[PDB]
Asks: 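Here is anagrelide bound to cGMP-inhibited 3',5'-cyclic phosphodiesterase 3A.
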Amino acid sequence: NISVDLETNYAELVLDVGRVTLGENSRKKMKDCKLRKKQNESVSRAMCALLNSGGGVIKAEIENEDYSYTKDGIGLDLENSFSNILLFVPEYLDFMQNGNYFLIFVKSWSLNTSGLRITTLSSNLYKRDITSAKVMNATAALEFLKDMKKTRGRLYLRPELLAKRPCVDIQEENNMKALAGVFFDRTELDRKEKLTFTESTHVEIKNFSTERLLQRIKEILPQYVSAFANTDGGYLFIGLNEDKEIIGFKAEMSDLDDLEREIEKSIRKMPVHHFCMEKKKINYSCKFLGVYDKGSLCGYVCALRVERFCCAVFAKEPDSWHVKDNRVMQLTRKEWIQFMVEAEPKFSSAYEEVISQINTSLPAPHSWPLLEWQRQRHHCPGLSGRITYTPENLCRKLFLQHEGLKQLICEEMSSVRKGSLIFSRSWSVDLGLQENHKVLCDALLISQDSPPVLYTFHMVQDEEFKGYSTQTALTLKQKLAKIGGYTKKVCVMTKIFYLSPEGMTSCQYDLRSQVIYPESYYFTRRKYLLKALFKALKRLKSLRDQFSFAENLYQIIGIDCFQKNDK
Amino acid sequence: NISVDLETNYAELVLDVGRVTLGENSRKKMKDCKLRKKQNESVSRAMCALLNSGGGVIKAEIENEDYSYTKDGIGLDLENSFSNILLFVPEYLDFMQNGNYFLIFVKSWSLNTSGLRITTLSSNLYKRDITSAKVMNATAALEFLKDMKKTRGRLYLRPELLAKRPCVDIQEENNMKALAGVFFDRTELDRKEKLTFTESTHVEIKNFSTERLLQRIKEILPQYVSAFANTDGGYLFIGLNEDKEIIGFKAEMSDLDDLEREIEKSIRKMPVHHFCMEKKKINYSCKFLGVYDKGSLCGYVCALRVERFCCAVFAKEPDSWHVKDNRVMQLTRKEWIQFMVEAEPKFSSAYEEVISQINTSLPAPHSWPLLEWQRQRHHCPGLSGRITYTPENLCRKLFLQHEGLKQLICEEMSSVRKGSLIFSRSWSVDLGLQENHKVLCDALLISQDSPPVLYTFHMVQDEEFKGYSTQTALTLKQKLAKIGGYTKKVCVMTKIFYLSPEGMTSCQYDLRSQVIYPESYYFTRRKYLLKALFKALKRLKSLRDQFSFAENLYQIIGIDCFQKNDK
Amino acid sequence: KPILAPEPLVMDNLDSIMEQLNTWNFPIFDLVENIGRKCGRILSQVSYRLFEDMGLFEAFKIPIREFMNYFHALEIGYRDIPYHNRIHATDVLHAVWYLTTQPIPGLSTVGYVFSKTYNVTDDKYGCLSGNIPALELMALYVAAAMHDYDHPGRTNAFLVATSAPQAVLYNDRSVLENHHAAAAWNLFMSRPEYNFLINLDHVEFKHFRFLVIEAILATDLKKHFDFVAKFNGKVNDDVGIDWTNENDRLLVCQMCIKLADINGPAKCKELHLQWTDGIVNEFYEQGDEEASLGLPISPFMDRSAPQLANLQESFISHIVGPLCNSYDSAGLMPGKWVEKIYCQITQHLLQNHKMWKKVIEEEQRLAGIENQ
Amino acid sequence: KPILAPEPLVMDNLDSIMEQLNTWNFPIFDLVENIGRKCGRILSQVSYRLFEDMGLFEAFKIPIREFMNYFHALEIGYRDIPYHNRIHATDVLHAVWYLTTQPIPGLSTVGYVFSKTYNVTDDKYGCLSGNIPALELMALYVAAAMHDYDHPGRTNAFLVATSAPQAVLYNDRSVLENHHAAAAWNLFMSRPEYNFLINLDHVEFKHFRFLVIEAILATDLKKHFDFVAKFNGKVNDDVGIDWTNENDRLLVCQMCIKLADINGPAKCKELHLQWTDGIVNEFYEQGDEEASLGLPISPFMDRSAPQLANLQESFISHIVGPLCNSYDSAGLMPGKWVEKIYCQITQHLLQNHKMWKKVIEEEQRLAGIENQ
Ligand SMILES: O=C1CN2Cc3c(ccc(Cl)c3Cl)N=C2N1
Ligand SMILES: O=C1CN2Cc3c(ccc(Cl)c3Cl)N=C2N1
Ligand SMILES: [Mg+2]
Ligand SMILES: [Mg+2]
Ligand SMILES: [Mg+2]
Ligand SMILES: [Mg+2]
Ligand SMILES: [Zn+2]
Ligand SMILES: [Zn+2]
């Protein structure tokens, strides 16, 4: 399986896909097709699970001995899978081999123009084309399910009337449908006879010259049942050949009942999801016909009729994954369709609209940003006004006591052009997490370069606090990308400090000189991170004092609070 | 080519794709691959041109002698093309063979959740995957172009800094990029030497063991140039083999200049479309390298470096068609990107919002529809109040004179459960068309069943008025589906009447008993047709008096006019 | 000097008639004639009954004497005109009370207060008191009680046409509703014995005032289709109705009083006929004044050429129709199951609309016969 | 009896000073002291100059005597307070005139009227008169002239706090702006000699009144961020500005007068310092009254603990900043090319904001030094 590697110093979800061969020539000349398919499937499961739940990193042990990636590449099956799950590969993926490990860094999935909110390896909703039963891609499945959810069902025009059309010899698909309807009730079939009709959007034909035929039906039937029930219903005949010569399959009695039993079991196992008031079942019906050559029974021809359905019909559960807490799971059907059908709330009051739309930033100065404001404009004596210590009361009080803290913050904030750190009594509880009381305070430095850092301060010379800080940084990264709507690659770095009285030093940990990321994770944008942090705190209902925008002028003018369902 | 058949009695655009073979076995055993590809391409051009411009009908002469379609089907190449251009085939297409002609009825393209506003056979915007240069589908091309139009360019992070990462032996794609960068400036190449790098998202390698090599480059180069310029730039080496053994191609002097000339011509012919202020060109550069075996020149290796571009780069014009007036044309590049980038206006004032949202119609009565109202509730003495003669002043005046008209309208409106005909001084001018003064008036019967009819009345015993009426019905159908937003299949039938004084009869034409449509065109919905007609008249700025909603109560209450930029 | 009150607070001859107050077709004119029509203290009595039912005289400790003082001063405030008088305000108060404290099939409830009786026994019946705190409902009731205060008898468009001082004073933007709320609140704050909100908090009273003024301003017929479209878009594609939202609760009370003020064509035939008689008389008065000032007479407002049935049919089709549709499609209309669901209100509406369609058809038929 | 006019209509000692009226930094206080400050007829004179420039005395045939009558009555109407007085109204009138009749780089023009001078020679310079008919601009100018009429000297939140009669009378919803428009229009319609709109149509006058009242109601600071967000969404993702729309032209004039009423921090340093002195004096008056009524004193409104620079910096950053940004990003701010473009207004804004940031920094530094 796929296990969340809890033994990494990365501030991210790491998934361990087991051993994995790599390289185009090493994959091509791999003499085990089932193993290769299984490895490709494991990597694709990992990548979908990462995309659906914030970011993440996939760690694969290189199976071949001497692997380079600089004269070997990755492969071609994996590249096909990658290019299928995503539209653009360079925008989401980064590959980096770390000695004897191949790491794939995965950006988090973002809402785009397509409208999709989660990625799926396969919807498993088949649709019947003119002739072939194909599987709905992501976009077609979205469109299908949303049209159905709109009408609270699936609109049909059950036989109220045959339209009064002119009399004229004309040929249409309903001709084939009707000829199948007459074929279906025939009580006997003459062996090696011709057919009057071919296969179309309502008619399918299968040879299946198989001695067993049951292991084959058990795996091929549900996709055709879904293809039919998802469009107009239809018939599926077995025992014919390509040249439309009825032959049937050589089946003796005492097996036709077994075959029918397996068919009923298979079609009752297929999932289904209703948007209508009642909740029907898949109305269908099987039948068998003799193929008597001249006076004797040569065999049978199993004819199955499937009626058009009122809501969607799956062949299996939708192929969509996600890591909940650990042990990456598969999205249930109900959750999957809620992600495919519902919209995002997207309230965006007028005050928030202007607070964000300050972030247009055309090729022009566009001064006056509101998310970078402060009353107390005198911190850190030798410096300019280039750092907004935001809470402004938590920071002041934390600077009053813990005298070494202010000096440490000054000696830290020296090499930063422009940034804005945000303190907190504890950031773990501001992200909906378990607080541990030994953590003095926190911070969040968000500068132009140098991706954001989560300082954790404490005065306890017994523990290490690596687990706490890394969990908090991970959760902040995921919350940013999944709720703040930040649409770029991010890493939330870490630093830990000890703060014994009479001494402010001893950085017990520095996550930046411990782990390497691709070249692109090191360039944040610092205004969209602010928008993302604002929206994340708002959506988590923990936005209290960060982003001052002082109200003493608002109270004079008559403008009300920022936003809530409280007035 | 493809010619608009002006010689049909259909109220639609008919396209003539020339002779066309049909049937799966007739297509498969067709001993002319170029001809088969050409026929498939002609049909696909016709179908895209129909989808992009309202509805239409494709008429194909059956090429094989004895063709049935009821034991032959269509084919498989055509089915593949159909299923590619559309998501769902049964929703848009109907096939109907009419003796020695195969007619394909095409619904009009509609805005769906995907966001696409026009269909394209191929965007011709290639993207570079991990290894292969693929062509952007419709959705990826939409996303790409909209992201670019948003930032008014295409955002890069030109070398401001190499991030301060730890020192550790690590392998990445930039390794291959740099090794290519050192390969590119090498002044000479030793024949039959090994390579240190393989092909990735920045590196491509081609064998091309071709005596000419120029007819091949001329056709294969632009798609790789586009794949590179549309993602991160890169290098393209020719003269190598699969096993990474430099061999080169046996080229003598006096041809390398020709090859470079053809390359520059080819890359300057490739279209491009900028969303940035300046308008650069495709910055690139070629080069040739010797492959001297031991003291002699065995050949060359043409190395081409392409730099990442600021806006989109096509291999050819986008493959999108439309019929303008006649002689179905191809959408220019500018129009194509305006259809891919811009949104629809979608004003929808509050009054219109409620006038439409009366059309929810859950499984419940939901009486009180506003688009079916009238003051004068006494027409046609023997009848109920089941027909809304809408203009109410044009209809009254037209009933005052032309005494046989009212009796004719009564004898016509007898067999209709519930409908609403809408008169007009001339419907041709209400759709932006040329009026002919011999047409007395018009009408538009929109009932539950019996698809809408366009009565044309006149008193002139010389002409026929078939051309006028059919043009008007065609234009009304197209305007409904393309501007009113009606999302189902429609045909606008026709009827013509002569109205000499002292006699009201002589229906000179009845389009319903002249032409056959599929079984589904005969079931309209009559409330969405009303919404569509309202929106079409609004968008055409001809909405004057139809849909009464009398204002004498509005003027009392204080509510203003329906909607316009006039108050 | 101030309008204080009548001597015994709760008169008791109108007992056994308020018992039939849990019925949608409250015989209001019967109570009017029963009560001394000489003076008119109907609004105060019905308000006392409703507030005792909700129990707001303990849910907020409102001293009943000052309450009666204020509301008798209010009912004295209402002018003596054909339609917009204190009987109409009692109508609207009873309508909102019924709509918010009578069983609603398929409503899931969660300080709140329920009606006196209400028969709470099942789960398939909710009431709007089980989703809206007591403060919001008290605000809504007092908004309904004082919502047409000191009505001049003319419409907004008339005051805007003649440029009346109430039109200049309020900038021609919902003249009448601003006037009603302004005058009512002015009269409230004038005396000290009117403060029946004496045991409230500063913030509580602020919120109460805000809700009352919003409710009264919701009944401006110009902003009708806007409210309908907003209530459609907030029940159709959204998550439905998140009752924890204050915006949702505010919009629901606004729609409720919108539906209550226009409820002539939702009662039995005789009640609706009486209300229509009143409204036609008032329009006739206004048209009478309008022809004298030289202005072209208004549509429907000519007693010498009446088009009463035209007016009532168009009204029921355009105004009350879509409003009741949007109010019902959100599953808030009070009704009962059928052992699918029976709603008295929309049935009355359909019956009356059909009746006016009969009158229109017959009149046009006879006129076309006679006048050829 | 009515305020009629001063004897000679257009006084002429203030010649050669109105010539420097096509400059953004009009020395308004110099003209104030030049004119007899005993009486005060500045508003009338500047209005006559501006209307003669636009030529509206022939574009609408407005009799100049009744014009001067009305506007002198108006300037008499303005109370004598530190900030919101007739000098402020003359300021705002001149600001809107400059913003709509001075060259705007990159504006494509199309009955219209242009400024007197304007130097129309190129195509790369447009003016707002070349996109807005004469009626809309006359409405906008008269809206600016009477937009703070009879100002009590307090703010909206104060009148709402103490429950002033102007607060009850208007339901606590933009009390002051409704009062300004109401009182001004009342005074206009009072006498017959004030009708300087005598040669208009019924519909013309109706539209004019609508636009004037909308313009005056736009200057309510509570509705500031709403206007900014609406103007952002209508220039950002849309087709831009379809000037044929009346909604677009209305919204543009609303934003223009919004920007004009707050234009202290967009002039030279001394002018802005004078306006700030006025506004701080007015806030000090209001705080003085507020401490006497027992209410907790308002922020920034304590002359015994002034935070003037705090107020001005926060104001420039929060109010005038985003407004000028949204107004400029739509390419309407008047400026000049650079043989890319130089805009005087935003430069003045940046300079003043930096100055107040100096004062804040120095004060906090000194206080942290002294108080440890
Ligand atoms: O039964 C009834 C009650 N009402 C009220 C009403 C109206 C038409 C206009 C207005 Cl403004 C009003 Cl309040 N029609 C009816 N009919
Ligand atoms: O130069 C100036 C001019 N003004 C006006 C002003 C203000 C703060 C509040 C209000 Cl309400 C107003 Cl009108 N600050 C400044 N500063
Ligand atoms: Mg009212
Ligand atoms: Mg009322
Ligand atoms: Mg003001
Ligand atoms: Mg002002
Ligand atoms: Zn279903
Ligand atoms: Zn470009």
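Chain letters: A, B, ..., in sequence-line order. Note that chain A carries the PDB entry numbering, so the residues on display, from first to last, are 2-568. The numbers used for chain B are those of the PDB entry, and the residues that appear cover 2-568, in sequence. All residue numbers given for chain C refer to the PDB entry; the residues shown span 669-778, 800-1028, 1070-1102 in order. We number chain D the way the PDB entry does; in order, the residues shown are 669-778, 800-1028, 1070-1102. Whatever order the structure lists ligands and atoms in, that order sets their numbers, starting from 1.
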Asks: Which ligands or chains belong to anagrelide?
Replies: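 Every copy of it sits at ligands 1 and 2.
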Asks: I'd love to know which other chains sit under 4.0 Å from anagrelide (ligand 1), counting non-hydrogen atoms.
Replies: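 Chains with a heavy atom under 4.0 Å: C.
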Asks: Taking heavy atoms under 4.0 Å, what residues and nucleotides bind anagrelide (ligand 1)?
Replies: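 Within 4.0 Å (heavy atoms), the residues are C/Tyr751, C/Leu910, C/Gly953, C/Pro954, C/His961, C/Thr965, C/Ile968, C/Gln1001, C/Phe1004.
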Asks: Which UniProt-defined domain of chain C has the greatest number of residues in contact with anagrelide (ligand 1)?
Replies: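 That would be UniProt domain PDEase.
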Asks: Mind looking up which residues in chain C UniProt says bind AMP, and which of those have a heavy atom under 4.0 Å from anagrelide (ligand 1)?
Replies: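 Going by UniProt and heavy atoms, it's C/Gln1001.
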Asks: Among UniProt active-site residues of chain C, which is nearest to anagrelide (ligand 1), and at what closest non-hydrogen distance, rounded to 1 Å?
Replies: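 Least heavy-atom distance to a UniProt active-site residue: C/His752, 4 Å.
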Asks: Report the other ligands and ions found less than 4.0 Å from anagrelide (ligand 1).
Replies: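 Answer: none.
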